[PDB]
**Q** 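Take a look at this one; I'll ask things after.
Below, chain A is the first sequence line, B the second, and so on; all start at residue 1. Lab note: partial entry displayed, contacts enumerated inside displayed portion only. All ligand and atom numbering here is 1-based and tracks the order in the structure.
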Amino acid sequence: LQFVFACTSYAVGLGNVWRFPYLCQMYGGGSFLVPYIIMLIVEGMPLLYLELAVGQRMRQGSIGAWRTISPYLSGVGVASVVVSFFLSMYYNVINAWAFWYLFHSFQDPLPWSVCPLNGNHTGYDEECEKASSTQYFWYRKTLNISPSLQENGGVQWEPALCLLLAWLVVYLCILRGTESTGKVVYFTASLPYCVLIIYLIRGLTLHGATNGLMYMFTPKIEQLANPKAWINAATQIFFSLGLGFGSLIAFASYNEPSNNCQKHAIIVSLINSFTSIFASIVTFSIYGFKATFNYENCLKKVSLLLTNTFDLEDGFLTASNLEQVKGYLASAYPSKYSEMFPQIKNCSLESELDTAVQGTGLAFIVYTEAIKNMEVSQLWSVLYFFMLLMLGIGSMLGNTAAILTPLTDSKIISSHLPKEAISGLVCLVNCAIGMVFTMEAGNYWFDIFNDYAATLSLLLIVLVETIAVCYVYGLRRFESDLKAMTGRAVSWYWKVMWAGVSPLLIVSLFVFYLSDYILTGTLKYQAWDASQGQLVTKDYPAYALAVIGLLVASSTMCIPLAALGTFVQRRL
Amino acid sequence: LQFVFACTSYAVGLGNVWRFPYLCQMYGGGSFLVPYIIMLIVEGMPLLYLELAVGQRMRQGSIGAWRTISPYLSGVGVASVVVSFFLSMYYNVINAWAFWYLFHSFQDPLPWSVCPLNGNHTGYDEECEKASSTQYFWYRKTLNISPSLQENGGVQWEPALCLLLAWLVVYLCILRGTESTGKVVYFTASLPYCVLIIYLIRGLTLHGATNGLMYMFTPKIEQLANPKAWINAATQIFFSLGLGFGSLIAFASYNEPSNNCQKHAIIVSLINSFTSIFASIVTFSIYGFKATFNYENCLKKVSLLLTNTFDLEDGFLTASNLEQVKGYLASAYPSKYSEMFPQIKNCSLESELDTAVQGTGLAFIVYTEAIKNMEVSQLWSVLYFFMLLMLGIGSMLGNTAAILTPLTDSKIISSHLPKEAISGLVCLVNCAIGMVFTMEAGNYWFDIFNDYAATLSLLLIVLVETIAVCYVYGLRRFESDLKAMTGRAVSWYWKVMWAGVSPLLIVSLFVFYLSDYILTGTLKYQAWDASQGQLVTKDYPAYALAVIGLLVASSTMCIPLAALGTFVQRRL
Amino acid sequence: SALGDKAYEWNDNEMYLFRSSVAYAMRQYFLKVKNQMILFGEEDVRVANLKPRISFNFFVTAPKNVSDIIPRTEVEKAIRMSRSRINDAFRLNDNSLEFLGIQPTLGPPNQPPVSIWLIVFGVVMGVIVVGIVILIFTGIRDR
Amino acid sequence: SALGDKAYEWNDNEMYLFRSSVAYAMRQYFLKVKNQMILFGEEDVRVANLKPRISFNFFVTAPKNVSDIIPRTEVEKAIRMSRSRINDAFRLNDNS
Ligand SMILES: *[C@@H]1O[C@H](CO)[C@@H](O[C@@H]2O[C@H](CO)[C@@H](O)[C@H](O)[C@H]2NC(C)=O)[C@H](O)[C@H]1NC(C)=O
Ligand SMILES: *[C@@H]1O[C@H](CO)[C@@H](O[C@@H]2O[C@H](CO)[C@@H](O)[C@H](O)[C@H]2NC(C)=O)[C@H](O)[C@H]1NC(C)=O
Ligand SMILES: *[C@@H]1O[C@H](CO)[C@@H](O[C@@H]2O[C@H](CO)[C@@H](O)[C@H](O)[C@H]2NC(C)=O)[C@H](O)[C@H]1NC(C)=O
Ligand SMILES: *[C@@H]1O[C@H](CO)[C@@H](O[C@@H]2O[C@H](CO)[C@@H](O)[C@H](O)[C@H]2NC(C)=O)[C@H](O)[C@H]1NC(C)=O
Ligand SMILES: Cc1ccsc1C(=CCCN1CCC[C@@H](C(=O)O)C1)c1sccc1C
Ligand SMILES: Cc1ccsc1C(=CCCN1CCC[C@@H](C(=O)O)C1)c1sccc1C
Ligand SMILES: *[C@@H]1O[C@H](CO)[C@@H](O)[C@H](O)[C@H]1NC(C)=O
Ligand SMILES: *[C@@H]1O[C@H](CO)[C@@H](O)[C@H](O)[C@H]1NC(C)=O
């Protein structure tokens, strides 16, 4: 009944709302929706339901599944565990930022609404004129981002201590173990949507919101030419669904081995996509409003400058007749007009819209913008920050449950050490290693850990899994149209993806990625450039390439080690 | 546990919030507080507990109980039923007025906040500078009260309506019969108090609230002399607790025959008294604030008039030095000062405080005054009106349960008549006979049905009940300190208050009341007198005396009818 | 820019009102600062270069002395003192009456006396440490 | 009564400002109604009976003609037109 759907809602997370709109903005909007649809309709369903079926039938952890299939195939679970731990370190920082914003959301008037005055106390800061108040708050007040990645500063005080607080909150939530419930889950699943309706209403009631809708809907041609959109969409959908982390398999193993897993998979994918699209709508409405406001401000400033220079009657020079007045004035006084031309600027609605706010923390600098013109800002600010906090806590609880389980079976070490002590040690170690995201240049490291070449080994893990299934041990001797899968949906046409086209799909865009990597031979990261107020492109240093290469290698080389580890015993 | 208290909280009603503060204001405030307590310890507690015990032990309806004790005591239940009917007819009009106020509480700006302008469109209505906006709204907009009882007009439209809609709501609540519950009672009991906290906070944050508290606490000597305060306090406590209605007994019958009825009685009486005191605090705070504001306006008008007349410097003439400046100006120019002397008024805080707002609808014209100066008036207005509506609905449900029970056993008619038809017929009959309270002078009739010759027979019912208990049937032959009732209340000195002082107390104040009734030979009802804006006393007409005499006689002569009925058996 | 709509047309009477207000401000400055009595008049406020943008230069002289020009700094001080009283006369808000040399600045906003974030984080960290200690103690008690 | 606090002292300069405002109102009335150009001045507004209550009687004459007095009705109409513009000049709210 409705309880099944309310339980299944848990599939929503902090990747659909936090991370999806940022990627949608980054790659043009409309040009990003269709690859998402294709990747969902051809890749998510087969892999998701096949996994779920494997988890249901095997009745045991991923490690034991690898032992059942092949001794050579050992280590995939270890790689998934390492990937999860790597995800967790930089994941918790989002919860830290949410805590920071929630704590600062109690002051009146709210910050990021007015700008600090200059040292003269006669005007506002020039940085606020360049970058809006929200951008100033997110780049200088709460991050103090260094001008370049090469330059680094000392560790800051607020982010470190807030991260510590979030980590102890996570540790308490682990220790209590009061996760099992059946009635509050309705409230936890209903709160996000009902919160989002208010913001959707406010975004739709504001002027110029429709421009964001056309921008995010209408696809382009040049943007679709790039291949990086496809790999980014695949990584996004993999991260949102969570396949390959070893957590699903577990869950599936937990539940009774008689259930229509295909219906569960489709109902999960549909709700995930619908929630992502809804959040994208809500965010892009406010983004379009902000872009329109900036365009209007540009026009107003140009009009004021022209009126002051030429002493034209106020109100006579409008936005519509700008070109005619410009031409007439150029005719009237060509010399001084030509001299002044370089000082004249020109508003560009499209360039402004596609590049107005960018970067990782988009969702932070957009909704706060929407906050600054609420009827009662503090109320909705608190509700939104609490929703973000609870979603992040749930996601953290997950990927933890994911990490702890393989180490739980280590009786050799757990014989003299309680599980609580091991969990605490792991939490403290991860908190300590996550300290690298709290200096004046840690933000670039965070974008590297989240976007650039991040969780790409998930693709190779899925590829290895599917080629292992495609072998003689799959659909030829084992899983060969057996009755054991509830006798329904047995060997249907869905195989044509999970035994057919999907593997190739994995390499079809991988080859494009590696071709572009060697053809361009150059990688650019975004820098704040406070001197102007707009993000710019800079080149990665060599050691960044080295560290990302060893990071991907750490999850890449696992299987070859297991091959030799089994062959040495096989020799004798 | 907590469920017991949540169930016993259904002892709260409109006799604690709507009627108690009105009586408290009517009789000087403090001088009315102390007798209530004396009438709480010695009158309500013993009679209530004795009744409850009798109802528990009898295990049947009140009528059957009277027949079992003696044919001589038959008929008292009929008088109780008639009293309940008469209470219900004039009780539902409160729900009607609450519905009217809630319906009108949806506009913006709210009524009773600004005043309609004159026909010249230049100034305000003279009625407004006579009587404040809330008073004008309650006396002319929603009642259109005639200057005197002799004056009469056609039946109005809006009241009859509100009464019809409320009566159909009551009939639906009867038909559904969804009284049995165990989970919503928490919410229905928490709403009143939690709502009252907000109004207490606002009253404490308003200037001059301390004067109202001092007025309500400090007793007086002149008010204590009259016995009418004592009789009205006795009637108030009887009505609030519900003795003589015959509903408690009926409750007992359903209740399990194992419970400390004394514990129940104390736990209900204490709750009722505490709720009444809390409501009186909340109301009188705002009343004191309003009185202080009126006193300040009185001072300001005189100060402005003097300043304009004598051309004194603004701000120089303060309230502190008013008398000195008055004397100095009288000395300086005695002629024109004496000429304009009749235009001077004296601001008397005490006489303004004791008579600022009076009448039945006090609770309506006070909280609305506290509403018009709130940040979001509509919210708290809706909560307050909904709380009043739900309390009135519960009380009406109790009254309907009381009235319906005797007619249920009439198999002679119910053999071919369903109970729904009888309930509907009773509801329409009561509504039709209560139409008089919706007519232009009907408010006077409502005060008559509430104060003068209203529920006075209740003391007679209590007296005859305790006389019957004091006979051989109590503590001598039946209920003779038996161990059957859990072994408690066995010849305790508690029996004393329901065997000693209280039966004398029933007639102690009766003789005093009837003494002044004939000695004074005068009786006054309050009228609006819109020409000035203050209530004035008028003499009751002859037919009013005739009707109230007939009303009291209708409940009086019931016992002699039973005596005549049983005289034939007595003689033979 | 200031009114948007309902803006009154700028005729000669507005110039007369402006000149009278300027003379009043000069009188106030010369009375409340230098303790002198000067009877300025609207004819002592010379104006020139009127433009449709409502832009014009002006200066002030002695009551009846053409060859006496009040130095600019004292006029600037008088305008600085009486700008608030001048602004509301024409319903302007100091954003549409710039004087090209006099910028307004009065009142540094410094609202936070306690740094609410610090105390809030302090109470939360106290409650979380007491919770974690009581929970670990309960776990140890439960073996 | 209106400002309560921060009320400026009423010196001769305030009276001068009031007279100039009255002359401006009269000029506006005679321009926008009768289509005539009359150059009123602050010396054309005669005042009398000054009181500590800041109360006084006043009237208006021709620009330079002492023996000519403007009828009261036209002055009342001009004040009716320009009361809103007069009020904010002294920060009053039509009640003071
Ligand atoms: C505003 O006016 C035009 C529109 O951009 C710009 O004029 C350009 O000048 C450059 C440099 O010579 C030419 O290459 C372009 O052809 C001109 N027009 C175009 C189409 O850009 C001018 O530079 C702008 N002023 C700015 C940007 O400050
Ligand atoms: C209250 O105000 C009334 C105003 O009438 C005052 O009553 C006056 O009483 C004095 C004698 O005490 C008479 O000489 C006046 O004729 C009365 N006033 C009139 C009618 O002008 C009185 O001063 C005030 N106090 C009381 C107790 O009434
Ligand atoms: C008008 O202002 C000028 C400037 O001050 C006055 O001329 C000065 O007269 C004084 C003596 O009265 C001389 O010492 C100065 O040399 C003159 N000019 C300067 C440089 O101040 C003039 O007196 C004032 N009055 C009149 C009627 O012209
Ligand atoms: C000044 O005002 C007076 C009166 O307004 C003017 O006298 C008018 O003309 C002759 C002079 O005797 C009178 O018969 C009229 O009755 C006067 N008119 C009115 C309405 O009274 C006088 O002409 C004016 N002088 C100047 C220079 O304007
Ligand atoms: C989809 C699904 C179906 C049955 S479970 C389940 C969840 C996996 C993805 C959720 N997260 C996985 C990690 C990222 C996280 C986020 O970005 O927020 C979302 C899991 S795995 C263990 C518990 C739960 C609810
Ligand atoms: C006190 C008590 C103890 C057990 S019951 C009970 C109630 C009697 C008085 C309540 N009302 C009686 C009529 C007036 C009404 C009001 O002025 O609001 C209050 C009853 S009697 C039938 C149901 C209930 C809850
Ligand atoms: C502010 O800094 C100094 C102090 O007034 C000043 O010289 C400089 O011109 C000002 N520049 C600004 C507006 O930042
Ligand atoms: C208001 O109008 C009434 C009705 O015509 C009239 O009697 C009264 O004189 C008027 N009052 C004024 C003009 O204020």
**Q** What drug shows up at ligand 5?
**A**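 The drug is tiagabine.
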**Q** Determine the main partner chain of tiagabine (ligand 5) by heavy-atom contacts and give the name UniProt assigns.
**A**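 Most contacts go to Sodium- and chloride-dependent transporter XTRP3.
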**Q** Give the letters of all other chains that come under 4.0 Å from tiagabine (ligand 5) at a heavy atom.
**A**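 By letter, the heavy-atom neighbours are A.
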**Q** Which residues from other chains neighbour tiagabine (ligand 5) at a non-hydrogen distance under 4.0 Å?
**A**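 The binding site of tiagabine (ligand 5) (heavy atoms) is A:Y10, A:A11, A:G13, A:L14, A:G15, A:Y91, A:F239, A:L241, A:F245, A:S247, A:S395, A:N399.
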**Q** From the structure as deposited, which residue atom takes part in a covalent bond with tiagabine (ligand 5)?
**A** none
**Q** Do any UniProt-annotated transmembrane segments of chain A have a heavy atom less than 4.0 Å from tiagabine (ligand 5), and if so, which ones, counted from the N terminus?
**A**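 Numbered as in UniProt, the segments with a heavy atom that near are 1, 6, 8.
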